[PDB]
A.B. asks: 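Could you have a look at this structure, given as structure tokens, before my questions?
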Amino acid sequence: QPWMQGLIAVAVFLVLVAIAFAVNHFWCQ
Amino acid sequence: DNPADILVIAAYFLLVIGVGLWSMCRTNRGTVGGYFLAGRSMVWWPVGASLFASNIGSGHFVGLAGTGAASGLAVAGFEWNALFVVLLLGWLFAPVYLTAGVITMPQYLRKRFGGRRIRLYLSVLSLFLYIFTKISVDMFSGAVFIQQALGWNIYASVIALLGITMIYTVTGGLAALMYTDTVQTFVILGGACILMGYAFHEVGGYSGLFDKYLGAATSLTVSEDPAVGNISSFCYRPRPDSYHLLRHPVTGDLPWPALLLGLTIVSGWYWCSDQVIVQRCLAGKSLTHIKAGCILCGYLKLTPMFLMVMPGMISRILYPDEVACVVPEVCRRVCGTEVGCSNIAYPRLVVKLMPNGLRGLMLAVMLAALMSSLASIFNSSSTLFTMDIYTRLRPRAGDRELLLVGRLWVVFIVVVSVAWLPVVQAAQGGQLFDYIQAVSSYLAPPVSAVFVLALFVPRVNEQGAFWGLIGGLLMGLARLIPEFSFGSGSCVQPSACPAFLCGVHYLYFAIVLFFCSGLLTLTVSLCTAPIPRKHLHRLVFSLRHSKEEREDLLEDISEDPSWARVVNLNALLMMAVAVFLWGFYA
Ligand SMILES: Cc1ccc([C@@H]2O[C@H](CO)[C@@H](O)[C@H](O)[C@H]2O)cc1Cc1ccc(-c2ccc(F)cc2)s1
Ligand code: NA
């Protein structure tokens, strides 16, 4: 289904950006 | 020839003249700041409109629709890669370029590394890259569309276009072109949307595109010439992965790992490191305005799939015996080119689908696209020449002579492009779109590697950065030589180029060339003596917020904390929309 591929793509992207905040919040300060 | 077309062309010309004259009345063009950098006064909506308009040429309509017609929807990859990379401009590169207080990108490398020579090399290489990869596509794609839609002489018409774009360029400074690019961006998107609509009505909607395109083959697959014979079923049938962006890593025409990594490297040079795009960011009102304009340009850079790629696939569905021809005799009859006729995809829809009044508007769309792109090249090349090369030959120059040298270069690069037009007319069909993206992939990655190590690794010094660039060009010409010695041909007539030379996709060799140029820069840097922090304040990503006194080998990028929150949220939402759409068509 195309729509599930869309939602899965977004989900994975939001995980990686949540990780990018996590890492700079704990490892730059 | 119907009066409505002449009134639409006259209306579009009067808008462009009108906004030019208003910009010249408004801004100061007497100084280097004004004429070359728009006064450092451009708010977000001209910055977004101009980034978009300076990119989207006649090449984008001819090439993306043609390749759309030929190979399905993975060519959107070129456009959509841009979306991610514009966010690296606004958030990482644009801040350092504002704090360095540079007018050119070679001048940034002069400040970062400090010899005479890196600045000179990168100026002269950028001039060759713009003649090869940027002028050539606009002149060529212009010529395709005039030969097909109008039938006027494709020499004299290119001279007349080059002539009017000269005057448009020399008359105003970056302020004229960016306000005119807000008119040109409106017309480009507006008329492109009207043709998209007519096209999707003719195939019977979006459902119609996706149930008709895989069947859409020519009925003439047999040549009169022996040793061509029956054309293979592989090379007239549409590709069974035509509806997928993300195609096979060894057998895909654009492999998915090459699309994502390799285009990011070549898009990095194109959007983050190159005079043409970054001049729009050096003439911003404030970093918040640059970031805001980078978001606008991003949402616009989604549009080309739906406005260029899918229309060109609809042309295959509607006129398969003319747009999808494979036999050499038939292709020579249809558009003059023995290797194929994909290129007529976009300009058949304008001839066939558009009524008496809107044919004129679609001529104005092509004109808008071509003039915005060729003027952005002539201005940026003027800046490169004047500021880097002419200030070498005359150091105590002053801002009256520098504007005259700026204006005389625009004349000279127009005449060089007229001299170059027959060499680009040697490209037979869609060979030029493929070669532009090859050349970009063989010369750009060393530059991408230097600007990333210039900005993020303060240990890298001038010996490293310079011999990184030159080692890069040696590797890049080891392939940009041998190939072009063999030629191109087609799927019907394959070239005799060895598999071990041509079997690695050019976007994979981008990734190799980037990491080898990277490794060379770092190795030679780490062998030779380092550059201390007193030379490096506000020239590196670490030190863009310094306030310390730099020793040379408004610099104020803070933000209304509320408006920072606005542009930061729209970056993440614009990437979510990107990511969704990459998923949808994967
Ligand atoms: C004509 C053209 C010229 C430049 C670009 C820019 O390329 C940059 C990379 O160097 C990107 O970063 C920019 O995001 C993009 O906008 C794109 C196109 C559109 C194509 C037509 C047809 C094309 C084509 C044809 C055959 C191929 F195999 C691959 C691409 S590509
Ligand atoms: Na343009």
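Chain naming here is simple, since letters A, B, ... match the order of the sequence lines and numbering starts at 1 in each. Side chains included, hydrogens not; waters and symmetry mates left out as well; all remaining heavy atoms used. Ligands are counted one by one from 1 in listed order, and the atoms in each one are counted from 1 as well.
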A.B. asks: What drug do the PDB records list at ligand 1?
C.D. replies: canagliflozin
A.B. asks: Which chain makes more heavy-atom contacts with canagliflozin (ligand 1) than any other chain, name per UniProt?
C.D. replies: Sodium/glucose cotransporter 2
A.B. asks: Heavy-atom contacts under 4.0 Å: which other chains make them with canagliflozin (ligand 1)?
C.D. replies: B
A.B. asks: Which residues lie closer than 4.0 Å to canagliflozin (ligand 1) by heavy-atom distance?
C.D. replies: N55(B), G59(B), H60(B), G63(B), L64(B), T67(B), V75(B), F78(B), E79(B), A82(B), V137(B), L254(B), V266(B), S267(B), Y270(B), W271(B), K301(B), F433(B), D434(B), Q437(B), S440(B), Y506(B)
A.B. asks: I'm curious which transmembrane segments of chain B get a heavy atom under 4.0 Å from canagliflozin (ligand 1); can you number them from the N terminus like UniProt does?
C.D. replies: 2, 3, 4, 7, 8, 11, 13
A.B. asks: What else, ligand or ion, has an atom closer than 4.0 Å to canagliflozin (ligand 1)?
C.D. replies: none
